[PDB]
*Asks:* 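Lab note: structure loaded, ligand of interest is clonidine.
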2 protein chains.
Amino acid sequence: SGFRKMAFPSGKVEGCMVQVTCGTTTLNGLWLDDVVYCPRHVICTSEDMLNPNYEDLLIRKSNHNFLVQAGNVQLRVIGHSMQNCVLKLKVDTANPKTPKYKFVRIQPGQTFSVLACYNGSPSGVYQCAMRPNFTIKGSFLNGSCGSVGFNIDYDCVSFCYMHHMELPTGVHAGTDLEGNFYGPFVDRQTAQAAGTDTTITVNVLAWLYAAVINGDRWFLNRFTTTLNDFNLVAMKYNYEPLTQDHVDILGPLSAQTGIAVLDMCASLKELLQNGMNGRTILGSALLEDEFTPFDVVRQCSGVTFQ
Amino acid sequence: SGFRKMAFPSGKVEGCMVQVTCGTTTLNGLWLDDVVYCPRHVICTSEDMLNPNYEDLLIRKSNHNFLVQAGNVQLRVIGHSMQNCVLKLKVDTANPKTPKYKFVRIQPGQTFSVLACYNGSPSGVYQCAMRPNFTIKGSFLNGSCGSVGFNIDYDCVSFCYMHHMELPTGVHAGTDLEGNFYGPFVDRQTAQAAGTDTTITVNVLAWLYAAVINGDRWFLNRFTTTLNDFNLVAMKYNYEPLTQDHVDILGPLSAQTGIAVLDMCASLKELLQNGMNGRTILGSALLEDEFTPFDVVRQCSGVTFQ
Ligand SMILES: Clc1cccc(Cl)c1N=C1NCCN1
Ligand SMILES: Clc1cccc(Cl)c1N=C1NCCN1
């Protein structure tokens, strides 16, 4: 019993974190086999970041200018290339701690764990979600760039995020491990603002199921609804529209609890319309949307790794 | 920027988790040097747990009855002893992955990370606090017993909790690594109920400082208060009394922000008296008390490990 915002165990990623220094700048890189991945803005100075021409700035760089350090041990850089917004530094030693791994580009609403690092050193782990506006709400200070987001399935780390930028509103933007930004964001210090931070409806529903499984059930009501009626209310509250795909993925939690997906939607509708009146659900006073259906099953089941 | 419920990186503990089986029962143990620590109720059956005589049940056990497995590899048990509510199984191989470590008994209000495990395998990590009633609000299913709580300071893991019991109210109870329970709880399936879950006032204040550091400042007001006046309100809201020790430990956050501890107390007082009126602080609709002052400094600073 109990339901917690839970990150994946981070050891497998911890063994891949290194420090990358180019000139005056130091951030984190990810060492997988004989390649180190990091944000290409390592090559920029603070001034460069208003309008960088990365291809021109890169001309001035040679392998020996990228200082890569794994713990107290220096790695030899034998090649480098730019792929979209990441650098790939080829080193002469394969990381002996490389886990099984994959690079995934996730969809908005999907959750992942972040290992926050500074100077190649892990500082903490927490769970995040790719918001529908393609930001994440993280905890990143100067030097955390190159920290990564990831999921683990049995013994295989699926890397999905690399941290690059803090927007002036305090939210965060980054890339997949091929270096393509999530959303419209760019690695320049310019006027970029996040769109509407809509609520991830399927995740709220999943979390409500989690609550019922754990004895928080005061919000269950006598009502039901339809997809179209529920979405009229969702839209009004800046909730993502619920689709039949979404209903289907809630099927297993529906089956375990005996509460039809649309009956749960009617509970959510009343919560949106009447608030919580000072009550709590799973220790929260607002409706949590950073747990996916798979997350809820996983944690309510006890699936483990490696 | 950003402030998140953050656990310590878990790799160092992950390398210490093993599976312990005695008879029909399997839970987790902690392998440090040549000793494996686990809950002594591994030796009980489900029936035994109404009124176990551990000393008598142990007479029937020999080294070869405790099956200890590290990944796919069996460890040889060459001795065993009971220390309060934990077993210490001596094995013939020292864990090559033993980190630097200490056993600490923590005080209520102190926070720590938990690595939830099943069958010796890590499933997830999350941050917890030792409640003032000596429970923790965790996420533990059957087979998670022997999962541990810990803090990390530079390269040294301070183990402070081992998980043992779920109370009928869904909260959790456990021991330090010498096997003494936190609080009045016992390892028997009996009528034990948690006392009042009071709110950890110094932690709420710390978190409010964290909020100001990150731009959430709507709750700052024109008022101040005194320790005695604030505690009259704290008591009414089942908040722990604030002491001068507490004020002193908030000193550094006071200095960084320029907000006197007692002025912040006056903000907290108004929040307690008038609620939040549908607003949020650091993404929460209630007052978070599972971040210590040290936690807030740590995360707002970027301290790293090993
Ligand atoms: Cl397995 C592999 C794939 C691609 C490149 C290298 Cl160098 C590889 N070799 C190692 N990676 C981890 C230790 N050896
Ligand atoms: Cl360092 C120590 C302290 C106590 C007992 C043993 Cl067996 C020790 N040896 C090792 N622990 C980790 C690897 N070797």
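Chains: lettered A, B, ... by order of sequence lines. The residues of chain A that appear here are 1-306 by the PDB entry count, in order. Residues 1-306, in that order, are what chain B shows, numbered as in the PDB entry. Quick check of the header: X-ray crystallography, 1.6 Å. When a ligand or atom number is given, it counts from 1 through the structure's own listing order.
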*Asks:* List the chief contact partner of clonidine (ligand 1) in this entry, with the name from UniProt.
*Replies:*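 The chain with the most contacts is 3C-like proteinase nsp5.
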*Asks:* Counting heavy atoms under 4.0 Å, which other chains neighbour clonidine (ligand 1)?
*Replies:*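 Chains with a heavy atom under 4.0 Å: A.
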*Asks:* What would you say the binding site of clonidine (ligand 1) is, if we count heavy atoms under 4.0 Å?
*Replies:*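 Heavy-atom contacts: A:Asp33, A:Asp34, A:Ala94, A:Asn95, A:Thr98.
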*Asks:* Which residue owns the protein heavy atom closest to atom 2 (C) of clonidine (ligand 1), what's the atom, and how far is it?
*Replies:*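 Ranked first by proximity to atom 2 (C) of clonidine (ligand 1) is A:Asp33 OD1, 3.5 Å.
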*Asks:* Give the residue and atom name of whichever protein heavy atom lies nearest to atom 7 (Cl) of clonidine (ligand 1), and the separation in Å to one decimal.
*Replies:*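 The closest heavy atom on the protein side is A:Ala94 CB, 3.6 Å.
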*Asks:* Quick one: most residues of chain A near clonidine (ligand 1) sit in which UniProt domain?
*Replies:*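 That would be the UniProt domain Peptidase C30.
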*Asks:* Mind telling me the covalent anchor of clonidine (ligand 1), residue and atom, or none?
*Replies:*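 The covalent anchor is absent.
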*Asks:* What protein heavy atom sits nearest atom 12 (C) of clonidine (ligand 1), and how far away is it?
*Replies:*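 The closest heavy atom on the protein side is A:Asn95 O, 3.1 Å.
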*Asks:* For A:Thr98, counting its heavy atoms only, list the atoms of clonidine (ligand 1) lying under 4.0 Å from any of them.
*Replies:*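 Once the distances to A:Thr98 are compared, the set is 12 (C).
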